[PDB]
Amino acid sequence: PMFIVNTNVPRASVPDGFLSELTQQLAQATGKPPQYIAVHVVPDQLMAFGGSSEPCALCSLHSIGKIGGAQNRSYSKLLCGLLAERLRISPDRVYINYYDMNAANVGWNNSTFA
Amino acid sequence: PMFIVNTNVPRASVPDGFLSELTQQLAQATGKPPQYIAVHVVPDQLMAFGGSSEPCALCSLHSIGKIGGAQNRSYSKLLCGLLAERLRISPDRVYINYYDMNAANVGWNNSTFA
Amino acid sequence: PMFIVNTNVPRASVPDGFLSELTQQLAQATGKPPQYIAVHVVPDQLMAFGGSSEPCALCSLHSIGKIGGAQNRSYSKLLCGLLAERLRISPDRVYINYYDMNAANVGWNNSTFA
Ligand SMILES: Cc1c(-c2ccccc2)oc2c(C(=O)OCCN3CCCCC3)cccc2c1=O
Ligand SMILES: Cc1c(-c2ccccc2)oc2c(C(=O)OCCN3CCCCC3)cccc2c1=O
Ligand SMILES: [Cl-]
Ligand SMILES: [Cl-]
Ligand SMILES: [Cl-]
Ligand SMILES: [Cl-]
Ligand SMILES: [Cl-]
Ligand SMILES: [Cl-]
Ligand SMILES: [Cl-]
Ligand SMILES: [Cl-]
Ligand SMILES: [Cl-]
Ligand code: NA
């Protein structure tokens, strides 16, 4: 799986260890080994949400399976909680798009997972 | 909805008010409230279009519904017009990918829209 | 088509000519004219893969058609090979998501490809 967070919060406010925390919490949440979890945080972005440039986060989670109605509600509660505690972004300013990828459409290690 | 523009034009060439114009014009085009709209502009990117490093943009619009053949033609005319007028990017050096999101695949405020 | 690479490799380690090499190789691989190939490289990113900050890449290829089981295996060998040769990223630290776009969902030049 791959989790990407784009945010207007400054780089210095991303705590040391945040990528590791995302890696471990997503490995547990998705039930996949951490070897397969990639995370990417992009601070200092020029963005607005609802017309306001107060702190916000625009995110995506792509996974081969482990995506669905109940699972995504669980991920949204987990990820909003982490972004609130660690980046001080209010949960009503976190927006997450979820993607269930087919294995044939994910490349890795010179081939694909199909 | 979420609208992202990635471009090689420099940050200083992004005029004041640009995120607000995107929010307001996308609210009218999609019919969605400005409250639900996120906009994100990423200048100074290392990009080429058609083998050329002249000004270009790669963009995406994600929305729960309000995506379709006629609507996407209308969005493309609106958004290329804004990128030409405000960033001086030729419309034939702009790509916009459109994504009709299922409500269950959009998280916000500790939940999803399922 | 559009190919995007996000990587933690520093900008100085992206060799001269890399975007042009990607354009030409993807034009041949997808069978589309180079005029239609857009490429975007994002170095210096804050990313982890498998819990490690060793060099890695998260990429996507979007194309109207020319996406499939066999084709995506071929693209993955080609692109992992380029990332290993040119950016020194191990293929087991690369993900590439593939997107077969409907023509109506790709905007260009004030309209769409539909
Ligand atoms: C930001 C925000 C959003 C929103 C966030 C991200 C993306 C989209 C919207 O939805 C909301 C919503 C709500 O339900 O938006 C969507 C539900 N909607 C039902 C019918 C079909 C289309 C989807 C309600 C109150 C405040 C809000 C709100 O303050
Ligand atoms: C992410 C990552 C992965 C990996 C990614 C997804 C799934 C599985 C692994 O494998 C690796 C590997 C590796 O799997 O190598 C195999 C050889 N290995 C040699 C020594 C004895 C055991 C076998 C090596 C280095 C970095 C890595 C590495 O950074
Ligand atoms: Cl995955
Ligand atoms: Cl970190
Ligand atoms: Cl589920
Ligand atoms: Cl939406
Ligand atoms: Cl339509
Ligand atoms: Cl969806
Ligand atoms: Cl295409
Ligand atoms: Cl195929
Ligand atoms: Cl599509
Ligand atoms: Na506004």
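Lettering: A, B, C, ... assigned in the same order as the sequence lines. So for chain A, numbering is the PDB entry's, and the shown residues are 1-114, in order. We're sticking with the PDB entry numbering for chain B, so the shown stretch reads 1-114, in order. Throughout, chain C uses the PDB entry numbering, with the displayed residues spanning 1-114 in order. Counting convention: from 1, in listed order, for ligands and their atoms alike.
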Visitor: Looking at contacts alone, what is the main macromolecule next to ligand 1, by its name in the PDB entry?
Guide: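 Chief contact partner: Macrophage migration inhibitory factor.
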Visitor: Not sure I'm reading this right - what drug is at ligand 1?
Guide: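 Found there: flavoxate.
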Visitor: Counting only non-hydrogen atoms strictly under 4.0 Å, which other chains reach flavoxate (ligand 1)?
Guide: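 Going by heavy atoms, that would be A, B.
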Visitor: Within the displayed structure, which other ligands or ions place at least one atom under 4.0 Å away from flavoxate (ligand 1)?
Guide: ligand 6 (chloride ion)
Visitor: Can you list the UniProt substrate-binding residues of chain B with a heavy atom under 4.0 Å from flavoxate (ligand 1)?
Guide: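 By heavy atom, within 4.0 Å of flavoxate (ligand 1), there are no UniProt hits.
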Visitor: Closest UniProt active-site residue of chain B with respect to flavoxate (ligand 1): which is it, and what is the heavy-atom distance to 1 Å?
Guide: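 The closest UniProt active-site residue of chain B, by heavy-atom distance, is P1(B), 4 Å.
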Visitor: Which one of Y95(A), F113(B), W108(B) has a non-hydrogen atom at the shortest distance from atom 13 (C) of flavoxate (ligand 1)?
Guide: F113(B)
Visitor: What protein heavy atom lies closest to atom 29 (O) of flavoxate (ligand 1)? Include the residue and the distance to one decimal.
Guide: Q35(B) NE2, 2.8 Å
Visitor: Could you tell me the residue and atom name of the protein heavy atom closest to atom 23 (C) of flavoxate (ligand 1), and the distance to it rounded to 0.1 Å?
Guide: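 That would be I64(B) CD1, 4.5 Å.
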Visitor: With a non-hydrogen cut-off of 4.0 Å, what is the binding site of flavoxate (ligand 1)?
Guide: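 The heavy-atom site around flavoxate (ligand 1) is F49(A), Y95(A), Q35(B), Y36(B), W108(B), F113(B).
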